[PDB]
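Here we have a structure that includes lovastatin.
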Amino acid sequence: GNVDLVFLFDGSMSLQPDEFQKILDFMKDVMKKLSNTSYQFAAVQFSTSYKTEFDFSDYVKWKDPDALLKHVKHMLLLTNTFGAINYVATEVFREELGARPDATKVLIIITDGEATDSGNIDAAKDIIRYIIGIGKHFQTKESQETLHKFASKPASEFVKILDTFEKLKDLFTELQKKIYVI
Ligand SMILES: CC[C@H](C)C(=O)O[C@H]1C[C@@H](C)C=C2C=C[C@H](C)[C@H](CC[C@@H]3C[C@@H](O)CC(=O)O3)[C@H]21
Ligand SMILES: [Mg+2]
């Protein structure tokens, strides 16, 4: 059918410049691969606050992933995940911003630490949520369990834990083998 996909990427202070970059490159790889498909994209950066780097309308209008994310400025603050999510839910998946009413709403969260806030994600009930946790902060099984609450059930299917940002490349290779013409 139609897939409206939003990348919710972590731009906290824990990230080294090169790690932030690998996050941006992953997003561009996926978008470059699925260009001219049924997929529509939007990108939202989160730390303390939230910024929509580009919405579904910009994507359709300019279509170039490199131009779309060219002026992203790393925020360097905390990780307010609950707020970031309801923000997407309520401010990004909006028709005025180019979201298609008959589209499946998928949300891919990319983070490197646990959440520095709280609340609930009820506004995001009908959104498919994948969570990609990367790095040292998710070494313990205990810290990996904190992500389960932002992701769709079953977590083993929706939560991805990578030990290095180098692994995001291996994740893209794994994504590519599931690409099929229907
Ligand atoms: C597909 C395997 C890769 C590693 C992956 O998980 O990509 C997931 C997670 C992430 C690596 C990027 C994605 C980009 C596009 C789609 C939404 C993809 C999930 C596609 C699957 C296939 C159907 O069951 C629909 C669905 O809900 O999820 C995600
Ligand atoms: Mg962090």
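The chain is numbered in sequence order, starting from 1. Ligands are counted one by one from 1 in listed order, and the atoms in each one are counted from 1 as well.
Every copy of lovastatin considered, the relevant parts of the structure are ligand 1. Here the macromolecule with the greatest number of atom pairs within 4.5 Å of lovastatin is listed in UniProt as Integrin alpha-L. Binding site of lovastatin at 4.0 Å (heavy atoms): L5, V106, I108, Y130, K160, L171, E174, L175, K178.
Protein non-hydrogen atoms do reach within 4.0 Å of atom 7 (O) of lovastatin. Taking a distance limit of 4.0 Å, we find that atom 12 (C) of lovastatin is approached by some protein heavy atom.
Looking at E174 next to lovastatin, no N or O pair under 3.5 Å apart turns up. The protein non-hydrogen atom at the shortest distance from atom 2 (C) of lovastatin is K178 CD, 3.9 Å. Lab note: per PDB, source of chain A = Homo sapiens. Residue, atom and distance of the protein heavy atom nearest to atom 3 (C) of lovastatin are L175 CD1, 3.8 Å.
Heavy-atom proximity to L171, at under 4.0 Å, picks out these atoms of lovastatin: 11 (C).
By UniProt annotation, the domain of chain A supplying most contacts to lovastatin is vwfa. Nearest protein heavy-atom neighbour of atom 22 (C) of lovastatin: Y130 OH, 4.9 Å. For lovastatin, the atoms sitting less than 4.0 Å from at least one non-hydrogen atom of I108 are 10 (C), 12 (C), 13 (C), 14 (C), 29 (C), numbered in the order shown with element in parentheses. Atom 17 (C) of lovastatin has its closest protein heavy atom at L5 CD1, 3.6 Å.
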